[PDB]
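Structure containing salicylic acid.
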Amino acid sequence: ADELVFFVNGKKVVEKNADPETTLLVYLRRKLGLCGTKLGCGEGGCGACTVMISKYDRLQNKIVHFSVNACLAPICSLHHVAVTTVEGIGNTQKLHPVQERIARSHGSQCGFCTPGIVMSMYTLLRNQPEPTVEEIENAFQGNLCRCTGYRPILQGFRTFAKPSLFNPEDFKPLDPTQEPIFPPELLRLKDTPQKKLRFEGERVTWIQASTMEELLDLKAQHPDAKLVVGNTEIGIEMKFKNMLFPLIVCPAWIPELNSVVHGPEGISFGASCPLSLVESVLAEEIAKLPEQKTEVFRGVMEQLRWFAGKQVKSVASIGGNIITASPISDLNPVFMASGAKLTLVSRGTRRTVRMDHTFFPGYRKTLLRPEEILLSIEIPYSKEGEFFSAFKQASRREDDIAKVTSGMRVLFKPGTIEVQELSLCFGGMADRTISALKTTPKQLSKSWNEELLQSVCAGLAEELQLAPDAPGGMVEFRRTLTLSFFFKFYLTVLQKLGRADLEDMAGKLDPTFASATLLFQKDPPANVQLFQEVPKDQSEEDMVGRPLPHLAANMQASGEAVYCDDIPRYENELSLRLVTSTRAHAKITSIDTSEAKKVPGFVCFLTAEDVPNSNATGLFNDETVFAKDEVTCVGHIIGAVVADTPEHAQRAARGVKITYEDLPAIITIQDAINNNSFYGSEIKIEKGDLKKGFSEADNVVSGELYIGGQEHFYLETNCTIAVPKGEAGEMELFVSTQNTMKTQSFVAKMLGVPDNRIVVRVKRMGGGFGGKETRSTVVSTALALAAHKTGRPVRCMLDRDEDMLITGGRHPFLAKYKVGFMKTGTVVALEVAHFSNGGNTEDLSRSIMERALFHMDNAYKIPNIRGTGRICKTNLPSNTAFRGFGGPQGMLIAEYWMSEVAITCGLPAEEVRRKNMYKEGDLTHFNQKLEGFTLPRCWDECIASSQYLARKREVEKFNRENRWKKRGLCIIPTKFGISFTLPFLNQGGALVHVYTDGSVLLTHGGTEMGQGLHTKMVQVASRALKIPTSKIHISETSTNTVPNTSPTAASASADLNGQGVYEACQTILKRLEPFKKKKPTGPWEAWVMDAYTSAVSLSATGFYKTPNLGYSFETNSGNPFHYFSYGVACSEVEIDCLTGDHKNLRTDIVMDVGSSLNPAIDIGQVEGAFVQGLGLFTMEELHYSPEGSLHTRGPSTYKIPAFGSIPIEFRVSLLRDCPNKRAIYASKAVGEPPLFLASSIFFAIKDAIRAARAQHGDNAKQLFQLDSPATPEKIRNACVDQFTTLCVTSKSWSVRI
Ligand SMILES: Cc1cc2nc3c(=O)[nH]c(=O)nc-3n(C[C@H](O)[C@H](O)[C@H](O)COP(=O)(O)OP(=O)(O)OC[C@H]3O[C@@H](n4cnc5c(N)ncnc54)[C@H](O)[C@@H]3O)c2cc1C
Ligand SMILES: O=C(O)c1ccccc1O
Ligand code: FES
Ligand code: FES
Ligand SMILES: [Ca+2]
């Protein structure tokens, strides 16, 4: 047959013309309008698209449930399966416990990921009714969240396993019986033998083989037939490497390729077995068999522990991992280094082989003949006197690509410690999986002793050398790892020999080298949130200062909250796709649409010619809407393809051929300095006398810190929907932005119509953090022009690779400091020269650099200081705002030389800091008096509650007992100024309406992206009008209701809008008091009607502007801030000196948010900001080619904090009794300040690294270089030792920007 049949949320679905290229994600959103399931990457790493799927296991005669990635599952593979999505488990009317909990525990912010996480937890509970705290966490390996900081999510879900922010005592019980039945129709079908299905598509044919005979026969007749199972590999090739296999064939049904046979030599799994099957089956073996027969099994298991996540492993097969033949495969190494027996069948033919250097001929190739297919794999039992180990190291533990992976085996002569057989296989060292065929033989018969260790290391170092210009980069780090892995193996093997009586022969192991053999250990979380209780009085209706859940939590948790792309398409609507340059600075000589036009559905290709009025946009008018004559960065927008479906828009854009003539490019900060290529003159602040200050300097340190950039990674990429009104140049735009005003102004200026005609509407954003403060417009305008030219509605949702490439991000920094200080610690002179890489457009760069300079002093009084800034005009995607807006960069530099001051002085950091810290009443370097100073209490409470001193000791102790595992514990302070650097942007407006039924419709200039701004504004209004929040509502933000609004940024949004909403509300109360006075206790509904029937207006606007702001650089005077945010973080880490990986063991925060408008919201903002910082300083790295082209374009190569990447012990506390009167209800901004506190982790790692360096004889300087981010690479290399030494022996892949 050719009719695809399956279920979704219970309802049957029959598809008569299924296209192999159609993914369950597209079929759910665009063919069933089920939009709970989101699209965050289409790469497989965020899990926003997670959905459960069920089916009847023919074999086990049972129904099974497992999660999967909708973005990668081809529907042509879902025949006779039951899909379940977030919508299918609950609604706001009837929330499923999973949804209720995540929502109430505050686990949802922007909400764009809650459906996926909800589904992972849901799927778990369907498999394990009462999971363990550990099982719960493993559920989220394939799920990423950028707003929550993961604490709440897990704390909330904890309740399912084994004052206050919420109450699990109120959570509704779970009832497994009340879950969606399993489609009886599907059980009726399990009675008739499945047959072969064929699905013809627009350009791809898919055959679903049902029997081995069919499969081999098909391969025989058409060897070209591409096999597909989980598609987790092929899916990526088609989607990202622009591949197209016209003839697929899925054999997932065939029994043979699914059997698990227990043989004498070991367990044989069919080539199609899901990695989750292998995982579960082996896990049972290593639990009932002698530890001596499960060495290899446990090796595989260790790899799978960090192999994608639940979603991928549920469909990814073993055979797929084998045949993919990826040099970075984490299983081929283990399979080769253990001689796995692979069977290979073909119609008529049948052979068998063992994995070895011969199996992987060249790049991604194997022994298999074009017509053969991998039948099965036998994972061998470990023989007595045989030991195995598996290693893997990347940039992040959870779901990542290995930099180096390895499988190591050793077989000793019976009863001895003499090497009978030794295999060492690696991944990430060549264009394939290799073995140390040379090094290992020269080790036969030798004994497991220190001499062999030296023999191998020297051998590996020689045999596995890398070309400095080798692909991937990080040459040193990788080499070190091959050696560091073997070292762990050597130390491990010893322990195993000792644990066999031959202890005496191999020799006891140093009790400080033991930890170096340990496998990664979990250790249960322990969080503690602390905030103030609202006065004993405060009526229960006054929610200001109460932990009120984000108003949209339930909706976000249920998939009903709507996001731009969720809005349905007009039958009308067209799709748009941007066309960017592939040259950093060329001259466009010719554009060719010839091919684009052949694409079915092609409407047109917009260029600079098609712009009605002006082609000059951007916050400083130095940018083009569409490149004209020359491109000035890779990812520069040249045009826009317009077609019906997004699929055709893309294929068409690919048909737009361009020709260039390159020009001198200015890629790096250096390139810029050498070319005097900047954005304006240099900014400078200076107080005191430098020469004089340096003269009195006992010490004087110089240095250069470099801070990497950072991609915002809002789960919801950029999206705009433009609907043309047909008359007067009227246009409504549904946009994911934090800046309606400029989105509007840019579309107006671009079209040639007044702002009169343009309306921009923002309901909510799935995260923004400054990335949508002005860069969204680059998409907005393109669509506006598509609408204005077709008359039809046009829409554009950017894919991740396009968003990351195009939208820019945080500013990379280069500091050149020279601090002068006394032996006492006291600093007396500072001089920093910052250099930010601005990019293609000025944008907000120069204002970011002004913020940096404003915080180069972090928390310290420095009598003689002078900082300067220069913004580099480079041929790269222009960079913008990012939570912190230059503040972190400027503070990381400050805390860097500060740390080196402590070291050089030999004094304890805490003391060096407390000494130089500001005092209540001091002026800053820009002369702003610091009144209501509160940092000291944050400091004294943090040391006290985090029990610093005592733990400082426990850390030293741990270090004395551990050689290849060191711990750090650093306490950092921060000072963040609140207000826009541009004074007039400090204004907010609101519009309130009270209808005759009493209900109130409120709106303000600020947008919503996860911060819970509306929730707060609602709480403000509710307290202002003295009526329950239940009667108030905010539906969206738009230029209709409130005009000329500042972008939602600078943490000020709740300060500005909250003040506006307040005034508006006071106007209403004014009007209403005459009626109130008459009937004092009469209901609110009553006063409203009276006012109405008395012709009294029940609608008013509210406005506010921050007073007394205004700073002059020319005279270094005038306060540029309304007030200051204050806080202290105390983090503890524990690095693995042998790999670079580490783990944040504990953090303690004490933040000053004045009288919090909403404790729960703020604490969630503190945790979230922090985790964003922790990623900026230790995980997130962007790599650009030498030619200025970005390489890291998806979560696969950009690793943002994951679930397990957060302080195992997260403690947050809000400073008590610290009312900030001058702000809405004595509160304080809280969105950005908390982010730099993640520094404490950076410098705790600094310590742990120094402690390791201190036990290595060779001095080689004590004040080493540790640039940001402190990735595994930077950390390992910094731990110079016998291994970093024996392996350090242009044309490189990347380059420092
Ligand atoms: C987010 C994410 C994270 C990942 N993490 C990791 C990781 O940590 N380590 C790692 O190694 N991989 C990882 N992978 C890669 C991938 O999941 C594996 O390579 C997977 O095991 C491939 O299996 P599949 O069934 O999905 O293959 P498919 O994509 O269906 O097929 C892959 C290739 O195998 C061939 N093939 C499949 N079965 C057979 C057979 N029986 N006989 C002959 N040829 C066959 C096909 O022709 C095709 O070329 C990740 C992928 C994603 C998307
Ligand atoms: O001044 C700004 O424009 C600004 C923007 C985002 C965040 C903080 C800021 O000061
Ligand atoms: S979209 Fe499918 S994993 Fe992120
Ligand atoms: S709350 Fe999850 S991506 Fe924002
Ligand atoms: Ca810029």
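Residue indices begin at 1 and follow the sequence shown. Because only heavy atoms are used, hydrogens play no part in the values below, and waters and symmetry mates are left out as well, while side chains stay in. Looks like X-ray crystallography, 2.6 Å, at least that's what the header says. Order of appearance sets the numbers: ligands from 1, and atoms from 1 within every ligand.
In this structure, every copy of salicylic acid sits at ligand 2.
Going by UniProt, the chain with the most contacts to salicylic acid (ligand 2) here is Xanthine dehydrogenase/oxidase. Shown in contact with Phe980 at under 4.0 Å from a heavy atom are these atoms of salicylic acid (ligand 2), numbered in order with element: 1 (O), 2 (C), 3 (O), 4 (C), 10 (O).
Scanning the protein for heavy atoms near atom 10 (O) of salicylic acid (ligand 2), the closest one is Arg851 NE, 3.5 Å. Taking a cut-off of under 4.0 Å to the non-hydrogen atoms of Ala1050, the atoms of salicylic acid (ligand 2) that pass are 6 (C), 7 (C), 8 (C), 9 (C). Below 3.5 Å of separation, one finds an N or O of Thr981 facing an N or O of salicylic acid (ligand 2). Proximity by heavy atom, under 4.0 Å to salicylic acid (ligand 2), holds for these of the UniProt substrate-binding residues in chain A: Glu773, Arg851, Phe885, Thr981. The shell of residues lying under 4.0 angstrom from salicylic acid (ligand 2), judged by heavy atoms, excludes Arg883. Closest to atom 6 (C) of salicylic acid (ligand 2), if we only count protein heavy atoms, is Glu773 OE1, 3.3 Å. The part of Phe885 lying near salicylic acid (ligand 2) is the side chain, judged by heavy-atom distances below 4.0 Å. Measured by non-hydrogen atoms, the distance from salicylic acid (ligand 2) falls under 4.0 Å for these UniProt Mo-molybdopterin-binding residues of chain A: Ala1050. Those atoms of salicylic acid (ligand 2) that come under 4.0 Å of a heavy atom in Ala1049, given as number and element, are 6 (C). For salicylic acid (ligand 2), the residues with any heavy atom closer than 4.0 Å are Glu773, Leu844, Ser847, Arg851, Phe885, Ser979, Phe980, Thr981, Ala1049, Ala1050, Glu1232.
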